[PDB]
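Pictured: Phosphatidylinositol 4,5-bisphosphate 3-kinase catalytic subunit alpha isoform, co-complexed with alpelisib.
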Amino acid sequence: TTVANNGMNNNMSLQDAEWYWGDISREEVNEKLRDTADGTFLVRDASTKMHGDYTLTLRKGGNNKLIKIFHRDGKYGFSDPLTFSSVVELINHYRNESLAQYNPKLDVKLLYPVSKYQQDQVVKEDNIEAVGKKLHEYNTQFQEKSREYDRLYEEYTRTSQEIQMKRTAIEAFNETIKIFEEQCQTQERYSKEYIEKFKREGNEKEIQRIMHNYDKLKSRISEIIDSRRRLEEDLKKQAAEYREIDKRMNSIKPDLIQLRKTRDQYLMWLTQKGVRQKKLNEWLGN
Amino acid sequence: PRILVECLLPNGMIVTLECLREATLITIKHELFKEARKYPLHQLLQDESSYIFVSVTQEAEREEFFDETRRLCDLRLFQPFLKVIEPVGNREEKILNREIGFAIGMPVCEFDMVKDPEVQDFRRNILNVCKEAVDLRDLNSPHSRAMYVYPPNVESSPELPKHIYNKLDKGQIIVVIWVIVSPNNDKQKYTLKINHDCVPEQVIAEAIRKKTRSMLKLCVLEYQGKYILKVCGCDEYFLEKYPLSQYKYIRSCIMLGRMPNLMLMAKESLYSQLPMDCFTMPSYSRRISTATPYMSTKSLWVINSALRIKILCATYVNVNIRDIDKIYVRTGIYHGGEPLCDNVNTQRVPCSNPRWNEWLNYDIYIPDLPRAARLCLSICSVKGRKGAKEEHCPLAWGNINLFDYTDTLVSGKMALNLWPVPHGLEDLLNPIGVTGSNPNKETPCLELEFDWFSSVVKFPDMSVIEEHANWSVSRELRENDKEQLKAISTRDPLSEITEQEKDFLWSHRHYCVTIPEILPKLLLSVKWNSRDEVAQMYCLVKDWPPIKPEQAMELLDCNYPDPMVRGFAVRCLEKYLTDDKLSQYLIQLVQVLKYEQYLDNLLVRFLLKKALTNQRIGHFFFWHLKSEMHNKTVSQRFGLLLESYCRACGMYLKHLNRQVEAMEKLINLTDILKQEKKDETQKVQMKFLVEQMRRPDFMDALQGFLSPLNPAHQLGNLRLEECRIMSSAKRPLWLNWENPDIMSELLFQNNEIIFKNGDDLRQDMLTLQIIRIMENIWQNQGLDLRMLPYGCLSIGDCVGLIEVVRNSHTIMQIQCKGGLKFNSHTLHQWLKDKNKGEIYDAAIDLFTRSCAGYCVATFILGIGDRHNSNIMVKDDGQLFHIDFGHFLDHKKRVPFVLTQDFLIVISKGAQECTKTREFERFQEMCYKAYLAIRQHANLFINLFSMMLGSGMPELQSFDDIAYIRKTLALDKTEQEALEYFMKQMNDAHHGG
Ligand SMILES: Cc1nc(NC(=O)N2CCC[C@H]2C(N)=O)sc1-c1ccnc(C(C)(C)C(F)(F)F)c1
């Protein structure tokens, strides 16, 4: 949540405020406004980097609605005329009143600042050596864990290909059994009126030989049911392996994305604090 | 060679026969029937005419093997079993269908057995396009079939570039005609003289009147209809009545300064060379879709209610109960990537019992749904234990069209399978994924229940929208807004558009008919979750003037899913886009085919019609969609398109299948080269491949097949001595094939091909495509920064082909050559040694210009660390980058640092490379190249935005394209971008 309570000085400093963020690109402002609700807003330095354009990215209807305020004769406002002086009292006036004054379509007035120092609350150890060691161990843990997640995704793809080709092989066995059963039914239809006549004329050696090589058909279907069984047990345990590998990447993905979020916020902290890559690049360049 | 194959005779008795590996069906069937007659119960047996073999392939489908000529190894049988049964079907349809299935890798009867009615309606309606294409193919047979089988390679420019118009002797091209006219195939030279303005009719007339020298009206006319121009060594034929400056062979000869190599082959010989193609209607076309559901109803604009969707349960979420506590099915009503309303979430049920039964209501009302509404189910779960802060992570995603092919709202309880999460997906839903259930069954499935009206509700025809357009209006400019509109028009597609400007755009629409460029911004300035706005915009689009194709393709990527908008864009494409730049942009249109919510629409009709009327376009279309059978998200749609193309492409099928099976067999080689061979210094390090290609069954499968990188190039006898492997990236294949035709010595006696496995050659194709459009821009604006986009083609999952340009060497190559036979002057000295003399400085000029081609390129595209091995220079002084791969950001600056050796070579070997006279000329042409790219960067944003749903692990959404947006500096002005590049090219030497 937002505590606000900046103070009694309404026309306060532009550079340090809950609304302000400075010269930030679209990627990280899209990261900030994601998973937000109505009335969530943010004001940054504009994409043109001109003198005081200072666009706004209020959230409404699931879209980062990109309001731009003007810089006419040193004043600010959503659109002409610019009857309001300062941006802080502008956003406070839209915190007090609706947006129906300038345009009718907008309904939400304002609900939630995205403060620059809300994330700064959870961070500590302002001294350089502590955050240096913390960033080093965060980076090596992130590298090892990203290698583990890449291995997990490779295993997931390999098991998906294995289970897909085994599923196709099982379907091929199913089609083979269907063809063999249809052939068996057809030959029963032909042979229900064939064997007993050659019995009636009195000879059985040909019948026992054709019965022997007919039993070869039932023998063959007997081992191919065995092969389909050994491939279907294989399919079931490989599906279980696929499920547990998906469970492992289920466990590995979310702490990975929040660790990446913390790494990004630490990069932002180093950027705003002013120290660039001086000694951290020496370890990674080895 | 000794396979014991068992056969199911239709009398019933069981026979087993030995079979050879190379034996065909006729070779084995004769002794099969012989020893079947020898074996007892020879009563129902008769001749082989009415008996047909049936077996199940390794792709798990029974299919009759009517074609008796096929070998045993071509059968691809999972088990050595055959069956003997009556035909009970058609001959030609079944050989055609099996060949189609071999060209896809999966048979047509898979399409037969799938019960999705949209698939079969697509299969019915594609034959309309096929029959129209083959009717226009033979409307002027065999003349039109000549342009089909061998396509002209012309551009859309009747004129010529100005800086190459001065490269000739006052607009005149010296060619050589290598016509034989000899029973003893004697070759000879006719060096001959043409301008550039005339069509090949005057060229063949001049060749007739100059051929008749040294042995001297109607004769010229009858030889005109009996002779034709052919490029030597490669199968391009000059056919159509075109001004001959557009043929790419002639323009490439102007580029490189080489004289063109042509001949006069007989027209009737070419006509007899191409076989007559046949097109037969399918068996499923017998069924007519005239349904009479004895049970027209009301439309969307009479039913007033809210969108209520009830979630019942998931089948089984694939989670772990130990570390994950609760799950939820946060949904979203998307229009591409734009949420049409708020993301309504479900309850936070535990993962033990994934049952919801929640009637999620949505802010959108029923009449205000757009045509391309896309529900986005997503199983994502809170897997973080924090105070008043929930950590969210996607697990399963799945998109659903709210309207079907019938163009009606979905209703009734229905289950649907969910796709797994993509690699590194930032968003919790998936805006860009296609609509449809997962074909695999062992993935989590979830149940939905729409607002069951106990009826069907139909989105109306455009008459209702047209009347509502006149209704809603009832419910001369200040030029500042006009120049504001002009300013909006020049903005890139990823421009930061504001609702001040969006409301300005929507409030002034009938005044936007003056400029056509403003349309895609007007796409983003309308609320798709509206009733009047969509009707107004449809009324505008119906009366909207046509668009240049470069930004008419803007309406095609994932942000513009509207069927009417995409239909207008496709209409503008077929009205304006030409064949050469269709084949240029073919990869992008192939990837746009994913973004279609349906199967049958106008884009697929247009791309099929252009593919079935052009061998080059159709061939590259087939290979581009064949490369993505491993992508199961669009495997069905693209497989249907391979089925349609292979139905209506003609005899190229055979050639196609040959190269396909060649590639497939070659792919198989890399499997043994990768899975079995993963070590070093054994007895079979190189001898194994020599012995394996010494096998006749493998080498005969690589004979006489056309090159997959170019249908004009044809591949013949393999040279096992000149085939080897490398150890550069992941051990690819060096393949050498002699060009079969006799006149091959003019261009190249041998074709070299890299066959690469281990890396995805799909982003490399995109990079080389970018290189080719920057070539086009620089040639059009008057700067010959000759940089070569060598041909590359992905042919499946992590498999690709690269055509080799010869007389090239790495920096590592020349460095080790100098060391054996290191210093920072070896490249310039080597270029002295290759081509000295009066041409040398010109080569240096080329080496400057190609440098000015690549460095700027490698900054704009953001290619990775260009070291000394992933770059090669030619003998004529031209460099090029090969291992592109990681492009744009790909690791989250300073790409392709200008090395010292460049500073020697461009500066003529001077010791003080910093302020030589040619260096500021280099910088000036770099500036001009960047500016010429910069007013054409909207096309580049379009072309990269039409690649988001492709599936590279380094281009997903609007998180990567900001890299080219910030290197191209669309936010900045021209001068700020200039000083940006003086900054980077001043720190290129870290001070210079
Ligand atoms: C366009 C191109 N041209 C070549 N030509 C020679 O290698 N030649 C030609 C002369 C002899 C030989 C040489 N000196 O060495 S290789 C090549 C290419 C393009 C893209 N990827 C590759 C891979 C995958 C093999 C690499 F290198 F990255 F690992 C190669």
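By convention here, the chains are lettered A, B, ... following the listed order of sequence lines. All chain A residue numbers match the PDB entry; in order, they span 315-600. By the PDB entry numbering, chain B shows 18-233, 240-318, 323-502, 522-867, 872-942, 951-1050, in order. Atoms considered below: every heavy atom in the structure, side chains included; atoms not considered: hydrogens, waters and symmetry mates. Counting starts at 1 for both ligands and their atoms, following the listed order.
Other chains within a heavy-atom distance below 4.0 Å of alpelisib (ligand 1) are, by letter, B. Per the deposited entry, no covalent link of alpelisib (ligand 1) reaches a chain. For alpelisib (ligand 1), the main contacting UniProt domain of chain B is PI3K/PI4K catalytic.
Counting heavy atoms under 4.0 Å, the binding site of alpelisib (ligand 1) comprises B:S774, B:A775, B:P778, B:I800, B:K802, B:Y836, B:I848, B:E849, B:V850, B:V851, B:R852, B:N853, B:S854, B:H855, B:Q859, B:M922, B:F930, B:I932, B:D933.
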